Trainee: 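Structure incoming, see below.
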Protein chains: 2
Amino acid sequence: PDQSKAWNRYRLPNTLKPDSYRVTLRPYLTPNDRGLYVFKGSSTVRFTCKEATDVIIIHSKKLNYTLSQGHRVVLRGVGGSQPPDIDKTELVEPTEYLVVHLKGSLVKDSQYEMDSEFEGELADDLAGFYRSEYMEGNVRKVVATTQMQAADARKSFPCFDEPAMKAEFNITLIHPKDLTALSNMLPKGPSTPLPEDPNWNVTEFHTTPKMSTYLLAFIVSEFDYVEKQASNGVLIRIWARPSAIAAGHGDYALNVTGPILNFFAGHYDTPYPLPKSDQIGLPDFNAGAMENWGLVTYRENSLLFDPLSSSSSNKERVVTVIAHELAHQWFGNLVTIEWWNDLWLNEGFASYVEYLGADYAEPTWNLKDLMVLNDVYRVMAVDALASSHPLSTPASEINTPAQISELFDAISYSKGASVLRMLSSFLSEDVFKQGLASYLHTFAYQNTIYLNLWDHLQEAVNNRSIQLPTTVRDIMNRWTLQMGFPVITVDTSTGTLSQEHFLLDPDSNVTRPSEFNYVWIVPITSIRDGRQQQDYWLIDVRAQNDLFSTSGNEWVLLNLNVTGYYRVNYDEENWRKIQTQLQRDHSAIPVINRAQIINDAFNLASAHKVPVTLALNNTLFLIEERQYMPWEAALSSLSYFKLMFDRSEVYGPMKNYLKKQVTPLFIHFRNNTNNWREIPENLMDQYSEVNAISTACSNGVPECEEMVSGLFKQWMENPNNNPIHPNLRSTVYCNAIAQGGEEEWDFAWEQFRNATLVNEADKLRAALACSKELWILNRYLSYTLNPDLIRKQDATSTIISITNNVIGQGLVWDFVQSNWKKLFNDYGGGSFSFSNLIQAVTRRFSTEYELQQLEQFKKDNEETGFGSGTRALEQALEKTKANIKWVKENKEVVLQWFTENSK
Amino acid sequence: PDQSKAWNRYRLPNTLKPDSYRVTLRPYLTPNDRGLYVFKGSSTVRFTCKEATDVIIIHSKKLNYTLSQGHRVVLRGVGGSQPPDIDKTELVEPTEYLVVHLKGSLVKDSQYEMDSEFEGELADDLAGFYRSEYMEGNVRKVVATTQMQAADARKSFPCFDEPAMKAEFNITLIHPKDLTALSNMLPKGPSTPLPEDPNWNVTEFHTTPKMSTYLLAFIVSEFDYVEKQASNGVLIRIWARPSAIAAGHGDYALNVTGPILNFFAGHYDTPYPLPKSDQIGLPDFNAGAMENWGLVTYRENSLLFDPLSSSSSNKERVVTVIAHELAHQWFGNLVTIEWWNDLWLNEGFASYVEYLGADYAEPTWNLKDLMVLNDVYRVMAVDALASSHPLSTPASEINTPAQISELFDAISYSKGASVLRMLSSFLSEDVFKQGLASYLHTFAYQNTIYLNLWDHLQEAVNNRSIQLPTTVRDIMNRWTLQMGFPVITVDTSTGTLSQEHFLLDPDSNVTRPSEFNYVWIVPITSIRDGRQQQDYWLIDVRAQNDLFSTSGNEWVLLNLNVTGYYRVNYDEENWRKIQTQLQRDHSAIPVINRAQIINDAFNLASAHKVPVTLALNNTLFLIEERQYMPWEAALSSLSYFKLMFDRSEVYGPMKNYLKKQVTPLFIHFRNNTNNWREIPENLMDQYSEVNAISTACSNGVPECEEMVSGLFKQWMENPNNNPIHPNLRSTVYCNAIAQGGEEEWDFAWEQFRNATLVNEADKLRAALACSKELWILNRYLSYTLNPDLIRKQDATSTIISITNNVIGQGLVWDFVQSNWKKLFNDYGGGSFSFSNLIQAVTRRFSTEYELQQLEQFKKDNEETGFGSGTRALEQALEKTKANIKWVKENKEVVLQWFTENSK
Ligand SMILES: *[C@@H]1O[C@H](CO)[C@@H](O[C@@H]2O[C@H](CO)[C@@H](O[C@@H]3O[C@H](CO)[C@@H](O)[C@H](O)[C@@H]3O)[C@H](O)[C@H]2NC(C)=O)[C@H](O)[C@H]1NC(C)=O
Ligand SMILES: *[C@@H]1O[C@H](CO)[C@@H](O[C@@H]2O[C@H](CO)[C@@H](O[C@@H]3O[C@H](CO)[C@@H](O)[C@H](O)[C@@H]3O)[C@H](O)[C@H]2NC(C)=O)[C@H](O)[C@H]1NC(C)=O
Ligand SMILES: CC(C)C[C@H](NC(=O)[C@@H](O)[C@H](N)Cc1ccccc1)C(=O)O
Ligand SMILES: CC(C)C[C@H](NC(=O)[C@@H](O)[C@H](N)Cc1ccccc1)C(=O)O
Ligand SMILES: *[C@@H]1O[C@H](CO)[C@@H](O)[C@H](O)[C@H]1NC(C)=O
Ligand SMILES: *[C@@H]1O[C@H](CO)[C@@H](O)[C@H](O)[C@H]1NC(C)=O
Ligand SMILES: *[C@@H]1O[C@H](CO)[C@@H](O)[C@H](O)[C@H]1NC(C)=O
Ligand SMILES: *[C@@H]1O[C@H](CO)[C@@H](O)[C@H](O)[C@H]1NC(C)=O
Ligand SMILES: *[C@@H]1O[C@H](CO)[C@@H](O)[C@H](O)[C@H]1NC(C)=O
Ligand SMILES: *[C@@H]1O[C@H](CO)[C@@H](O)[C@H](O)[C@H]1NC(C)=O
Ligand SMILES: *[C@@H]1O[C@H](CO)[C@@H](O)[C@H](O)[C@H]1NC(C)=O
Ligand SMILES: *[C@@H]1O[C@H](CO)[C@@H](O)[C@H](O)[C@H]1NC(C)=O
Ligand SMILES: [Zn+2]
Ligand SMILES: [Zn+2]
């Protein structure tokens with residue numbers, strides 16, 4: 001399309017800026033004659049002309065307009081302005097605009113109003129204003145609900161749909177008189193009967209604060225709720241299907257929501273300004289949750305909790321997701337990104353601050369620690385590629401909804417959180433939260449870029465007379481504007497340190513230039529024989545300091561508790577001292593640093609910076625490790641080995657090794673739990689237990705295989721009296737299905753179809769993918785695609801579980817190659833992303849044959865395009881090339897190591 | 001290359017014709033300095049010039065010449081002829097010629113001699129003069145041995161290497177004095193010491209009869225033998241490695257060989273003319289056996305037999321292969337094909353006549369009957385394709401060694417045998433063998449084409465005043481010169497019959513024209529309610545006769561005992577009467593016709609001539625069938641269903657159905673064998689038992705799974721006291737490995753590596769491919785390629801066993817696509833063929849995705865070419881296209897049928 005025309009460009013003009021809107025929406029929750037569920041609406045937007053223009057460009061997606069006064073819209077003056085007549089309108093589909101061509105130009109610094117009347121489908125597509133469905137007995141319940149993030153508000157009413165186009169919104173919902181209407185604000189006065197039809201109520205809501213379009217929510221349902229006024233006076237309600245509320249499954253959410261909201265208000269010295277915060281769980285929802293201001297939406301598995309059937313991991317998911325959503329009330333809603341390229345200002349903050357909130361609510365769980373695994377190490381895998389991207393991408397590169405959706409990724413979330421964790425560490429949280437309070441106060445009801453944050457943190461540093469090697473901006477720009485992270489290499493003979501950009505493939509091509517030269521300013525903490533030393537700042541590529549020199553028996557480790565976003569290598573002598581320490585008394589090294597030593601060495605090995613046997617040697621001590629984290633870090637790093645080797649001669653010896661390493665831990669838990677009758681008191685110990693069972697069974701410990709098959713058989717014999725503790729269900733179900741046959745599978749499928757608890761359905765859905773029978777996986781694949789059997793929101797998640805199974809690899813890859821066009825249409829756009837699927841189906845690739853298929857897949861589908869999976873495909877090509885070389889270099893030494901160390 | 005030059009054309013000129021040869025060969029059975037095993041030789045060929053020519057074109061492959069008198073060869077006169085001087089010689093590699101360019105022309109009807117001195121590698125390539133190796137303790141034994149068929153005599157000495165170039169051969173072998181030299185004939189006088197080195201003996205053999213080059217054999221070994229003069233005065237010796245002979249493992253061969261030789265000499269009224277017939281078993285051999293005149297070579301599994309460890313199936317293999325080889329002494333050696341396009345004159349005859357000989361030796365086994373399964377139904381699968389070929393291909397189409405090798409296929413062997421079985425049936429064997437005696441007498445020491453056979457059968461018909469609807473030639477040309485076979489469709493309402501060319505795909509393109517219009521002259525036998533009717537000849541496309549009309553309860557079946565090479569369809573009413581008969585008393589229908597009803601209906605269903613449920617309904621009675629053959633025919637037809645469905649939702653219900661159908665038979669055998677302590681007396685009942693066990697275990701009968709895993713465990717606990725009867729070992733080993741894990745696999749691999757019995761090694765080698773673990777199949781694939789672990793002769797056989805496993809499908813197909821060039825070099829030419837591998841890896845293909853891979857595989861390797869697998873690839877493309885359509889048309893009805901009938 002002609003790029004010279006503004007209506008063919010993806011960013012809105014700067015010529016017009018909205019002030020406020022009124023919107024009336026009326027969903028029809030029964031099908032029409034055509035069998036369509038529809039909504040009808042109207043809107044008036046009041047806006048200011050900032051520069052003279054003869055066109056109104058406004059977003060509109062899948063809306064049909066009712067003609068009024070001869071055109072798609074009516075344009076009126078405000079405060080005496082006299083707008084031109086409308087010539088014609090057009091709908092421009094690629095850029096998603098309604099374009100109003102005028103017979104003259106609007107006047108600079110004048111206001112106007114535009115009125116529209118429209119209709120859209122209330123589709124089951126989880127996007128915009130859409131329908132969710134559930135059964136209560138044999139009665140079909142239909143719910144009208146919304147998901148605007150990022151660019152779907154325009155699919156519900158015409159609007160200037162970019163996050164810096166903030167406005168007040170005056171919402172009216174027209175709905176069946178028996179159903180409750182909900183929105184961001186509370187109702188304004190009473191609901192009144194619709195004049196034309198008293199079977200409907202008209203419910204107007206109070207005006208919203210100035211806010212972004214992507215945060216609006218409109219819901220019509222017959223949900224029930226529980227409620228409690230929080231200690232800061234805000235009303236909290238937890239809303240869900242009536243049976244869930246009556247069963248008490250909203251009670252845990254009610255226990256934690258208000259207290260976390262009040263905690264954040266205190267911690268950041270910034271009140272929550274709205275009269276209420278509703279939490280609502282939807283049967284059909286395409287994310288964990290969404291932070292709509294005043295009406296936070298959740299999938300059921302992230303909000304509801306059944307103390308008798310949900311696991312401790314499920315409970316942890318509920319409190320952390322609630323905390324993340326509530327964090328956004330400050331970081332996202334009150335203060336909002338200027339544009340999506342800086343998404344981490346919303347998502348990095350919510351991902352970090354969620355742990356502070358969850359830790360407040362559950363102080364005995366020690367959750368803050370899990371950031372090392374869930375954030376730092378999660379994102380370092382992709383951030384070690386040449387095809388990663390900076391935390392803050394240049395704004396001019398992010399234009400289309402696909403490019404926007406793509407940024408909701410491990411960089412924006414987990415690297416955002418890691419960099420904030422690092423910053424808080426070197427500033428102290430007291431100084432950090434002081435700068436944040438200032439940031440929030442200054443930019444309340446406005447939009448920010450990354451520089452605005454640094455300015456306010458600088459203000460706090462300057463007030464506290466904190467001395468840093470340079471300004472906050474210059475330290476943090478290194479971590480924000482260029483991709484990747486450094487490996488810091490220590491020579492303990494001389495006390496020298498040096499840094500370089502860590503790349504998993506040495507022979508990979510960094511094409512994105514950095515004005516920072518891939519050199520960082522790095523805060524370095526360290527310990528010497530377990531005692532913390534003075535902090536150090538590495539400002540250059542290399543330095544020397546006696547802090548890093550050792551003699552005699554001494555060892556040093558850098559990055560205490562992995563507060564910093566960097567990996568560490570040492571000379572081989574220091575590594576040997578570390579390995580000696582792990583054999584002598586592993587408890588002398590902080591638990592997070594035991595995870596670090598394992599995870600760093602495996603990644604260093606991939607990068608050819610240490611021999612692979614060094615990384616494998618670092619797992620030897622695990623035979624007597626009882627802590628969750630070091631085991632989890634090892635299993636996560638060895639996941640790569642499984643992906644590379646589970647179709648090869650190396651796999652037997654690998655499984656033999658893991659069997660040996662985990663057996664004493666499995667036996668410890670068997671004894672300590674009084675033969676699986678009890679679960680450990682401590683949360684991390686509960687997680688350690690689950691990992692010991694999972695690892696024991698996956699790798700062939702016979703006592704584990706007997707245990708899980710026995711428990712599952714006992715359940716089959718007593719379907720309504722499940723004997724398996726909730727914590728153990730995922731792993732018992734998966735391993736019992738893997739060990740069993742068609743009869744176990746069919747039992748679990750019927751339990752899934754009949755499930756009344758979402759946490760229970762989820763565990764079964766994953767377990768069913770554990771079948772070793774190809775014909776069963778093929779049949780299951782066909783079910784994942786049938787929305788009457790597996791909810792559309794769960795289709796790609798289940799397909800990923802199938803491809804993770806070694807027997808499902810060929811099946812799913814061939815399926816994806818053969819069906820890309822149709823798949824892309826159904827689960828690749830709108831509220832959906834195919835990024836996770838591309839990543840999962842390709843991560844085993846380690847052969848030229850598979851690389852050629854992947855290259856051909858790219859070529860064959862270049863025209864369809866890959867939308868929000870574009871970068872995942874580039875990353876898959878890079879990783880596959882690295883994998884071919886790594887397998888060639890490592891397969892013999894790894895086979896020999898596992899063989900020689902598993903006996 | 002320039003096609004105008006005779007040395008660039010594949011067929012020899014007709015200008016020169018050999019009379020006799022002397023050849024001296026000296027193998028060196030220890031490596032030289034270069035590490036090469038070599039042979040050195042000399043030859044003189046005496047030949048007649050038939051038309052004046054200035055070039056001698058003679059075959060030569062991988063031979064290096066020692067210059068003599070200034071050139072590669074010396075040309076001398078005979079009987080006063082005066083040959084021109086040699087200008088120069090060249091070796092032309094594609095056509096495999098030594099080309100001797102002369103300074104003038106040879107004279108028509110004059111004789112000449114050409115002398116050569118040469119050297120070749122005694123390679124481990126199983127072709128020409130090659131080396132075989134075995135260990136006796138820690139001593140490496142090296143054997144020089146030969147395989148000339150079809151076009152490798154030229155790889156041992158220069159010769160006019162085409163089968164109609166018959167000559168006498170005077171062989172001398174120079175060999176270590178301690179080793180025995182063997183050839184076609186007996187030694188001529190004593191062995192004498194080599195003058196230059198008395199550590200070697202020189203052994204000259206008597207002149208051969210006039211014979212073809214592909215039948216020559218030269219062997220040097222320290223084998224031992226057992227011997228017996230046969231009743232026709234011919235000396236028989238069975239030669240093998242000393243340990244096998246001492247163990248008595250040559251004894252069964254000695255029991256059967258002479259008696260079968262004498263039987264054939266009597267039956268065909270034609271003496272075997274040579275003084276001896278040696279049978280020799282080689283450790284390295286690329287076929288079942290080879291019929292060299294006077295020195296028949298065998299792989300060990302086809303000649304040796306251990307009564308304490310070989311199965312009844314193994315014993316049947318030995319007698320039938322010996323019988324096949326001995327049949328060739330008449331059909332192939334005494335009388336020889338003019339050219340390879342008429343190969344069935346050798347191979348069709350040996351494949352049919354083998355049963356007559358084996359039945360003579362083992363009259364209680366009823367083997368002749370197995371022709372229906374092993375010949376008729378084996379070949380009808382490929383002969384129903386548009387890409388099949390006639391029994392007698394036009395001679396001008398068969399030129400290269402690849403094209404020749406390709407003809408050693410189910411058409412030349414099994415269709416050849418089926419057509420001869422049909423001919424014998426309509427003539428009577430008395431009249432058949434009378435015409436054959438005449439054929440053999442007339443063409444002894446000469447070469448024939450298919451017309452020569454008809455002429456001699458006609459002579460017998462005319463002598464006996466047999467009346468046929470036309471001449472033997474005109475009846476049999478229909479079965480010989482066009483591909484395929486008819487389906488005869490009966491309308492029992494009206495007594496009408498009609499025929500059409502049977503094509504598995506209706507939408508497949510027959511491109512090879514037939515001067516016979518794909519119309520046959522068909523001898524039709526029939527039964528009515530079990531009573532045989534008068535015979536009928538269908539000479540036209542349609543006819544009417546009251547023989548084929550029924551009324552009331554009567555049924556008719558055509559093709560009693562399937563003597564004729566045709567399929568039969570009926571109107572649905574007659575089919576229903578047949579199905580009623582099978583429910584009432586299945587024994588009222590001859591056993592071979594129970595197999596026919598099943599096999600025909602399944603093939604008819606594929607061809608869209610009956611509904612698939614009709615073919616499935618024909619298997620219902622199997623629940624009370626105890627006979628081997630109908631079960632085997634059903635399992636063979638349902639193999640297709642397994643290939644189409646074992647990666648689909650249909651597979652569960654299919655296995656459930658087979659489980660139901662086989663359980664009573666399995667329980668019958670469990671009881672009748674006194675819990676597997678005994679085996680049945682009757683051979684077919686022994687085979688029925690094995691099939692019941694195999695089918696029960698494959699489809700999940702729990703008593704079977706427990707039985708096999710129990711027996712295998714008992715063996716592991718007592719390795720030197722195997723508790724599994726030899727008949728049961730293949731199926732017990734495979735199913736125990738499938739049910740087990742790494743420990744069962746490793747035990748069987750060590751048993752394989754340590755095997756001293758070839759029959760035992762073979763069963764283990766197949767069983768190891770039954771692992772359900774992808775990593776284990778991948779590791780095993782790597783072993784198949786290592787000649788130190790699996791003998792080169794067994795590499796592709798083992799790869800085929802892996803691809804037959806559903807879990808091995810993707811593995812092997814991806815391997816074949818990725819490694820075609822190297823694979824083609826190693827196992828695709830010379831004595832090797834890749835035809836079986838192409839057929840096996842592609843037979844599951846039923847998707848557009850797989851078709852596209854196959855088409856791309858063809859394109860990608862068009863330049864490498866596909867040699868003797870060319871037609872198998874064309875057939876795979878045709879079948880894959882048919883399979884995609886068949887699965888689409890049948891998957892729902894088949895799923896429903898198996899589901900509704902398995903309960
Ligand atoms: C959404 O609802 C809000 C709140 O009711 C509306 O804001 C109100 O708008 C009216 C009319 O513009 C304001 O009164 C006027 O103020 C202007 C100054 O701009 C003055 O010149 C006029 O004489 C008149 O008094 C009123 O103050 C304002 N209320 C608040 C609390 O801001 C808003 O107009 C609605 N937007 C739409 C598109 O319906
Ligand atoms: C292979 O060995 C055979 C058998 O020893 C050789 O056949 C013999 O060849 C000689 C010499 O040609 C024959 O004698 C001659 O016969 C011709 C008639 O063609 C006559 O004109 C001469 O006066 C002379 O007597 C001899 O009959 C023949 N023996 C037999 C049994 O056929 C043959 O030559 C050898 N071939 C080679 C290439 O060494
Ligand atoms: C627990 C949280 C991860 C839940 C919630 N998640 C999200 O907002 C993302 O998953 C987004 N739903 C991802 C996305 C954006 C645009 C188009 C398609 C998909 C959030 O608050 O960030
Ligand atoms: C029991 C018999 C099948 C044994 C024996 N078989 C054969 O001769 C064939 O298998 C041939 N060995 C096939 C062949 C021919 C040319 C090049 C490569 C392979 C035979 O006598 O026909
Ligand atoms: C919008 O109009 C299109 C084109 O006529 C029609 O197909 C579609 O159903 C309409 N949408 C609704 C919700 O009525
Ligand atoms: C919520 O808190 C109440 C009161 O402390 C407690 O009894 C209940 O167990 C809590 N619910 C959950 C799910 O922890
Ligand atoms: C810094 O101190 C000034 C002067 O007291 C105060 O007004 C401001 O709020 C402080 N800023 C921060 C970020 O603490
Ligand atoms: C791993 O440990 C083994 C055994 O102690 C040792 O021989 C080897 O050197 C270690 N690997 C490295 C890279 O240090
Ligand atoms: C034949 O000559 C070629 C070319 O010199 C040589 O490489 C090969 O080894 C020779 N073959 C034998 C058996 O000596
Ligand atoms: C060969 O025949 C002898 C004598 O009849 C018999 O004892 C022996 O069992 C036979 N060998 C085999 C393997 O059948
Ligand atoms: C046919 O009969 C003639 C005359 O007796 C006889 O010479 C010839 O051998 C016979 N041919 C056949 C094929 O039986
Ligand atoms: C197969 O048998 C079923 C059940 O008797 C019958 O309903 C069906 O018609 C049969 N199929 C055919 C093709 O006759
Ligand atoms: Zn978020
Ligand atoms: Zn043969």
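Below, read A as the first sequence line, B as the second, and so on, with proteins coming before strands; counting in each chain starts at 1. Just the heavy atoms: all of them, side chains too, but no hydrogens, waters or symmetry mates, feed the values below. One-based numbering, in listed order, for ligands and for the atoms of each.
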Trainee: Main binding partner of ligand 4 in this structure, as named by UniProt?
Mentor: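 It is most in contact with Aminopeptidase N.
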Trainee: Looking at ligand 4, what drug do we find there?
Mentor: Bestatin
Trainee: So, around Bestatin (ligand 4), which other chains have a heavy atom under 4.0 Å away?
Mentor: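 The other chains in heavy-atom contact are B.
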Trainee: Quick one: what's in the binding site of Bestatin (ligand 4) at 4.0 Å, using heavy-atom distances?
Mentor: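 Going by non-hydrogen atoms, it's B:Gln149, B:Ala150, B:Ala287, B:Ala289, B:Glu291, B:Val321, B:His324, B:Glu325, B:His328, B:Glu347, B:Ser405, B:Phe408, B:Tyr413, B:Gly830, B:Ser831.
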Trainee: What protein heavy atom sits nearest atom 11 (C) of Bestatin (ligand 4), and how far off is it?
Mentor: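 I find the closest protein heavy atom is B:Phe408 CD2, 3.8 Å.
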Trainee: Give the residue and atom name of whichever protein heavy atom lies nearest to atom 20 (C) of Bestatin (ligand 4), and the separation in Å to one decimal.
Mentor: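 For this ligand atom, the closest protein heavy atom is B:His324 NE2, 3.5 Å.
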Trainee: Is any other ligand or ion found less than 4.0 Å from Bestatin (ligand 4), and which?
Mentor: ligand 14 (zinc ion)
Trainee: Among residues of chain B listed in UniProt as binding Zn(2+), which lie with some heavy atom under 4.0 Å from Bestatin (ligand 4)?
Mentor: B:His324, B:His328, B:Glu347
Trainee: Please identify the active-site residue of chain B, as annotated by UniProt, closest to Bestatin (ligand 4), and give its minimum heavy-atom distance rounded to 1 Å.
Mentor: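 By heavy-atom distance, the nearest UniProt active-site residue is B:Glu325, 3 Å.
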Trainee: Using 4.0 Å as the heavy-atom cut-off, which UniProt substrate-binding residues of chain B are near Bestatin (ligand 4)?
Mentor: B:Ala289, B:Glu291
Trainee: For atom 16 (C) of Bestatin (ligand 4), which protein heavy atom lies nearest, and how many Å away is it?
Mentor: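 Here the closest protein heavy atom is B:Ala150 N, 3.7 Å.
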Trainee: To the nearest 0.1 Å, how far is atom 5 (C) of Bestatin (ligand 4) from its closest protein heavy atom, and which atom is that?
Mentor: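 That would be B:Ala289 O, 3.2 Å.
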Trainee: For atom 6 (N) of Bestatin (ligand 4), which protein heavy atom lies nearest, and how many Å away is it?
Mentor: B:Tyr413 OH, 3.5 Å
Trainee: Provide, to 0.1 Å, the distance between atom 21 (O) of Bestatin (ligand 4) and the closest protein heavy atom, together with that atom's residue and name.
Mentor: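 The answer is B:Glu325 OE2, 2.7 Å.
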Trainee: Among all protein heavy atoms in this structure, tell me which lies nearest to atom 19 (C) of Bestatin (ligand 4), with the distance rounded to 0.1 Å.
Mentor: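 Of the protein heavy atoms, B:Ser831 O, 3.9 Å lies nearest.
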